[PDB]
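In this PDB entry you will find methotrexate.
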There are 2 protein chains.
Amino acid sequence: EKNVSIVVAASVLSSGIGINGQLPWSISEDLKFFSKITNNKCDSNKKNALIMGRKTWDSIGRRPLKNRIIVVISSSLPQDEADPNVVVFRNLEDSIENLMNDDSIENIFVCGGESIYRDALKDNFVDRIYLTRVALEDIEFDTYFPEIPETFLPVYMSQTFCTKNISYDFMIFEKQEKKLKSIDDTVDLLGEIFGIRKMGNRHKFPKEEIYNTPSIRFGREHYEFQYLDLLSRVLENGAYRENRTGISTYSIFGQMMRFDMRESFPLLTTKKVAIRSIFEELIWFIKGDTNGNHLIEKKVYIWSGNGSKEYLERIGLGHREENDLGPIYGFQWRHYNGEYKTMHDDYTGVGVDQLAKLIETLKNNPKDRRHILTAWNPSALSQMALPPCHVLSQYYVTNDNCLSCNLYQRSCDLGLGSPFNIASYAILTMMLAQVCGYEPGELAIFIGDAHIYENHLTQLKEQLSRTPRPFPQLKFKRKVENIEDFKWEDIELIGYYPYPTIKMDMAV
Amino acid sequence: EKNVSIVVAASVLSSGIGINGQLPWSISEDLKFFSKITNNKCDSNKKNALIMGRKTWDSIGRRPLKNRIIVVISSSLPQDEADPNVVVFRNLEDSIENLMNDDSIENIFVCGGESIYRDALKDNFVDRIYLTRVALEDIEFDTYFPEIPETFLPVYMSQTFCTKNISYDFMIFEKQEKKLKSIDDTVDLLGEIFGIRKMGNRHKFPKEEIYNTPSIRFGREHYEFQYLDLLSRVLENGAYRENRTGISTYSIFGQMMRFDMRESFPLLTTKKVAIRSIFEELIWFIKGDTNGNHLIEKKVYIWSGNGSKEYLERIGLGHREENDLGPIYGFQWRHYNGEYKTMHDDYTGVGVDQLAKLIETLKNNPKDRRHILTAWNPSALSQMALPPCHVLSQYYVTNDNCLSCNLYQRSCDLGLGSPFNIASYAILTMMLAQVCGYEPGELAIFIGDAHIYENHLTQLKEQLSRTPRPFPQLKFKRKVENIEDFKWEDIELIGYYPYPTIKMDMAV
Ligand SMILES: NC(=O)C1=CN([C@@H]2O[C@H](COP(=O)(O)OP(=O)(O)OC[C@H]3O[C@@H](n4cnc5c(N)ncnc54)[C@H](OP(=O)(O)O)[C@@H]3O)[C@@H](O)[C@H]2O)C=CC1
Ligand SMILES: NC(=O)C1=CN([C@@H]2O[C@H](COP(=O)(O)OP(=O)(O)OC[C@H]3O[C@@H](n4cnc5c(N)ncnc54)[C@H](OP(=O)(O)O)[C@@H]3O)[C@@H](O)[C@H]2O)C=CC1
Ligand SMILES: CN(Cc1cnc2nc(N)nc(N)c2n1)c1ccc(C(=O)N[C@@H](CCC(=O)O)C(=O)O)cc1
Ligand SMILES: CN(Cc1cnc2nc(N)nc(N)c2n1)c1ccc(C(=O)N[C@@H](CCC(=O)O)C(=O)O)cc1
Ligand SMILES: Nc1nc2[nH]cc(Cc3ccc(C(=O)N[C@H](CCC(=O)O)C(=O)O)cc3)c2c(=O)[nH]1
Ligand SMILES: Nc1nc2[nH]cc(Cc3ccc(C(=O)N[C@H](CCC(=O)O)C(=O)O)cc3)c2c(=O)[nH]1
Ligand SMILES: O=c1[nH]c(=O)n([C@H]2C[C@H](O)[C@@H](COP(=O)(O)O)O2)cc1F
Ligand SMILES: O=c1[nH]c(=O)n([C@H]2C[C@H](O)[C@@H](COP(=O)(O)O)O2)cc1F
C-alpha cells in the first residue's frame, strides 16, 4: 500500500492535454514542476515510478528520466531487461505490482496520456491528482484529460502564474476516504461564555454552505479567494442595515483584499466582468473629466444612475446639468481644491494636479513614503453627486523596480463596485508602472463598509458556487508618452475564460 | 493512560491565587470557565475527577460539583463513602489511581491550591495547564501558583476580557513530548521554481527566532500579536531601503492590524508605553492646535525633533518659528483648507471643522457610510513640518451601538509611531463614543510603509522576547459636554502591568 498520484497539465475548460503526439504549449516552469513532484521522495535509497503509455513514451524521445524509473504500458514493446531505468508491462493492472511486492519503490505517479489517465481512474487506482490548469482554449486538441470523478475533491489551488503571456494554476485533488484538538474546544467554550463580547464570535468563520469550494481548506492560495471569501464573510457576519437607498445591505467593517499583478491580472473569473467599462471609467478619471455623457457616449452607463436629473434634484443639485456629476474622481485627481463651476468649463491650470505630482514623484524619489493620491475633499463634498468610495490610494516602489498599490475604500458594493475597483486600480497601477518605468507589483485593497445589497443575494450566492479559474493576462500593446494617451485598443486581454455573466441591479 | 490537566486562575505577575482561604477577586466568567472546562467530556457515561486539597475543599463550602467527582486530598479527613460524588485520599500519588484502575473516569483535573499544584508539578503528573491570568497585583496574597516549569510551553492565549474593570486572559500550556502533509510540499516546490514570482515568497512566514512566543502556533488570539507578528513579518521580509533621514529602514507594504476595544484597551504590554504623552498628543489634535510648545510645556517632547530650528530650515521652513509645525493633524481636523499664517493667529471659524461634522453625523445618521476624517490636504502639504502619517480615518456604528474605527497609515514607525497610533486612535474612538453615546468597538489599522528603523533592531528584538500580558482597561471618570473638554485627570488606566520600557531614538 503506497501512494499513486496523477500529474497532468490540462486546459482550463476542455481539459486538453495534447495534439499530434506532443503538447499544445511549451511552458518551461510546468516541466520543472513535473521534475520536482516526481522526484520528491523521502528515502534516499528508493526511486519513484512513472507510469506512461507507449505513445507518451515516444513523445518524450524514448529516453529515461534521471533518478526515476519509467514504467511503459505498451501492448507490443519488447520487455528488455537491458535498461534498468525503463521497464515495460502489458496492462495497467499488472503494472501496479510495485505496491505490495517492489519495496524498492516509494511512490507511484501516473502521467501517461488519456488512455492511461482514463484507465487509472476507471479502475480506482489513483489517490491524488496534480492538475496544472492552463489558460489556452482557442487551439486544437486531440487528447483530453478525463473528467475528475466525484470521489475527488480539490484541496489546493495555487496562485495564477505566467509564462509567455499564458496563465496557469496548480491544483491538488484528494480522494475522499471514510466518514491542537484541545485548543479548538477551549475557544468554543469561551465563545459560549462571552456571547458577542469575544471578538471571535463577531467574526465567525463562514459556514460550508456559503464557502466557495469548501474542500480547499489550507490551500486557498489563488487570490480570487480574497474576494470570494469576503463575500462568504459578509454572508456570515453581515448585519442587516439600512442606507441612503431603499435597498438594505448586510454590512461588516474593516476588511481587506490582496492581489498579485506580477504574474496575473486580478480580473475575477467566477463572473464575466465588463472589462471595457472598467477601463473607460479609469481613463475618464485620468483625463480630468467629470462629464457623465462622455461615458454614455461610449456606451458606458455605470454613472447614469447617479447622474439622472431626477436623482440630482433629489440630493439638492437641481441647478446642475443632466450628467454633471461634479468634482469627483478625476477632478480631485487633476484639479484638487479647484473652484468647480460646471463640467463644460476649462480647468487647465486650476487646482493641484495630484496625478502629475504622483508620476513625477514616483520616478524622481521612488523610495519616498508620500506617493498618495486622495479624493476625499471636505470642501467640495457638498458639490459632489456622490462622495468618493475609493477615497485615498498610496503607491510603493520596491527594490526590484515594481510598483505596488494600496487603496482604502470607505464603502464597497461587493456585488458591483468591488469587481470594478479591483480591476480599475490594477490597471491604474500598471499604467503608472509603464509611464514611470517600473513593473506591476502587488495590489492591496482596504475596505470600511464592505456590504452586499439584499437584491444581490441570490446572484452572489450563485457566484460562490463556481470554482475559480486562473486569472487572465493584461498586457499593453504600445508604450505611451503621457498617461492620458491610453486607449481601449491599447489593451490586450489574454486568456480570460470566465463563468457566464451575472446580472445585478445597482442601488441608485 | 488518560489526560491530567490543571486549571488555575493566578495573578499576572506574582501568580497569586488566593488570600485568607478565598479568592482575591470575584470574576463570574472565570467560574463559568471552570464549569465548562471540568465538564467537557466525550463519554456520556463517564465523569471527570477534580482533585483538590482540604483547604480548597473548605473554600467551596464542602459541597459537591454537579456531574463531577471531587477528589479531596486531606491528611485527616474521614474516608466516608456515603457521598459517592466526593472521595478522599491520603496522598496525591495514591489518588492518581484513576489512570489505570477506575475506567469510569474520563479526564482528571487538578485545581486544589498551592500544596496540590506544587506537588502535581514536582512529580510530573500534569499534562496540560489551563491558566486564567488576572490583572490584579497591588493587593495581598497568601497562596500562590508555582512557576510553570520549563517542560511546559504555551499553545494558546485568548483575547483580553473584562469583568468589573478587571482584565484577564485564558492560556493553555502543554508538556513537551519527543523531538495537509502533501499541500505544504507542493507549495515548497512551487517556491523553488518561481523565485519571487510566487507571491508567497514575498510574504515569507517569520522564522522561529523572530516569532514572539513561537510555541503559540494556532492560538494567537491575543490582539497584541497583531502588532508583534507585524514586527516579525517586517524582520523576515523587510527590504533595506533609504529614506529622507539618515537612518535606513526595513520596509514592507500593505499590512494591517486589528484590535478589540470592547473588553480591553490596545495598549501594548511588551513595553511600557508612555500613555500620558499619547493622550496629550491626541487632545492636542482635537483642540485644533499646531503649537509645538504646548506639548513641551506639558513635558511631551515627541514633536520636538520635527520642530527644531535646525530641522525646519533643513526642509525649507526657516521662516517658521521654533516649533511652529504648521497645518498638521488638528488643523485639517478643525480648519480644513484654512489659510495657515502662523501658530499664534486665531483660526476660529476658518476652514472645515471635520470633527464637528463627524460628531454631528455620528449621532444623527449612524448608518451613514461617510464618517470620514481626513488629514491629507495636498494644498497645504508644503507648509507642513511633516506630512500626516495617519492620513485618513473612517468610523462605523454597529447595530449594537458600538463605534468601530478604521485608519489608513501611509508610513508606520513600528518602533515608536505604531504603539502610539494604536492607543491614540483607540482613545479617540472612545472619546467619540462617549460624546455620541455609543460604546467602543473594534479598531483596525491599515498600513502602507510598515518599517523598522535600523537603530531599533536590538530593541525590537528584545521586545519580541517578552510573552505579552493581558491588555489594561481604560475608563473615563466623567462625561464631558464637548469633546475638547477631556483632561488627563479624567482618564483612569486600570490593570496595566507591562514589561520595562524600551528606549528607542527617533529618526529626525
Ligand atoms: N499535458 C500532459 O500532461 C500530457 C500530455 N500527453 C499527450 O497526450 C498524447 C498522448 O496520449 P495518448 O494519445 O492517449 O496515448 P498514450 O500516451 O495514452 O499511450 C497509449 C499507448 O499505450 C498503450 N496502452 C494504452 N492503454 C493500454 C492497455 N489498456 N493495454 C495495453 N496497452 C495500452 C498502447 O500502446 P501500444 O501501441 O503498444 O498498444 C497505446 O497505444 C500526446 O500528445 C502526449 O504528448 C501525454 C502525457 C502527459
Ligand atoms: N485561584 C484558584 O484557581 C484557586 C485558589 N485557591 C485558593 O488557594 C487557597 C487554598 O490553597 P492552600 O492554602 O495551598 O491549601 P490547599 O488548597 O492546597 O489544601 C491543603 C490541604 O490539603 C491537604 N494536603 C496537601 N498536601 C498533602 C499531602 N502531600 N498529603 C496529605 N494531605 C495533603 C492538607 O489537608 P489536611 O489539613 O487534612 O492535612 C492540606 O492542609 C485558598 O485561598 C483558595 O481560595 C484554591 C484553588 C484554586
Ligand atoms: C510525459 N511527459 C509529458 C508531460 C508534459 N507536461 C506535463 N505537465 C504536467 N503538469 N504533468 C504531466 N504529467 C506532464 N506530462 C513529459 C515527461 C517529462 C518531460 C521532461 O522533459 N522532464 C524533465 C524536465 C526538464 C526541466 O527541468 O525542465 C525532467 O527532468 O523530468 C517532459 C514531458
Ligand atoms: C476550587 N475552586 C476555586 C477556584 C476558583 N476559581 C478558579 N478559576 C480557575 N480558572 N481555575 C480554578 N481551578 C479555580 N478554582 C472552585 C471550584 C468551583 C467553584 C464553583 O462554584 N463552580 C461552579 C460554577 C458556577 C457558575 O457557573 O458560575 C460549577 O458549576 O462548577 C468555585 C471555586
Ligand atoms: N450604489 C452604487 N453606486 C455606484 N456608483 C458607481 C458605481 C460603480 C458601478 C456602477 C455600475 C456598475 C454596473 O452595473 N456594471 C455592469 C456590470 C455589473 C456586473 O458586475 O455584473 C456593467 O455596466 O457592465 C458597476 C459599478 C456604483 C455601484 O456599484 N453602486
Ligand atoms: N520620523 C518620525 N517622526 C515622528 N514624528 C512624530 C512621531 C511619533 C512619536 C515621536 C516620538 C516618540 C517618542 O520619542 N516617544 C517617547 C517614548 C518612545 C517609546 O518608547 O514609545 C516618549 O514620548 O516617552 C514617540 C512617537 C514620529 C515617529 O515615530 N517618527
Ligand atoms: O467604484 C465604486 N465602487 C463601489 O463599491 N461603489 C458603491 C459602494 C456603495 O454601494 C455605493 C455608494 O453608496 P454610499 O454613497 O452610501 O457609500 O457605491 C461605487 C463606486 F463608484
Ligand atoms: O503618528 C505618527 N506615526 C508614525 O508612524 N510616524 C512616523 C512614520 C515614519 O517613520 C515617520 C515619517 O517619515 P515619512 O514622512 O518619510 O513618511 O513618522 C510619525 C507619526 F507622527
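Note: chain IDs run A, B, ... matching the order in which the sequence lines appear. Residue numbering for chain A follows the PDB entry, covering 3-181, 193-521 in order. Note that chain B carries the PDB entry numbering, so the residues on display, from first to last, are 3-181, 193-521. Counting starts at 1 for both ligands and their atoms, in listed order.
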Tell me where in the structure to find methotrexate, all copies included. ligands 3 and 4
Look up in the PDB entry the name of the chain making most contacts with methotrexate (ligand 3). Bifunctional dihydrofolate reductase-thymidylate synthase
Heavy-atom contacts under 4.0 Å: which other chains make them with methotrexate (ligand 3)? A
Find all residues with any heavy atom less than 4.0 Å from an atom of methotrexate (ligand 3). A/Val9, A/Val10, A/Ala11, A/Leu25, A/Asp32, A/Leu33, A/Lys34, A/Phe36, A/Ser37, A/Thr58, A/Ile62, A/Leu67, A/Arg70, A/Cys113, A/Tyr119, A/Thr134
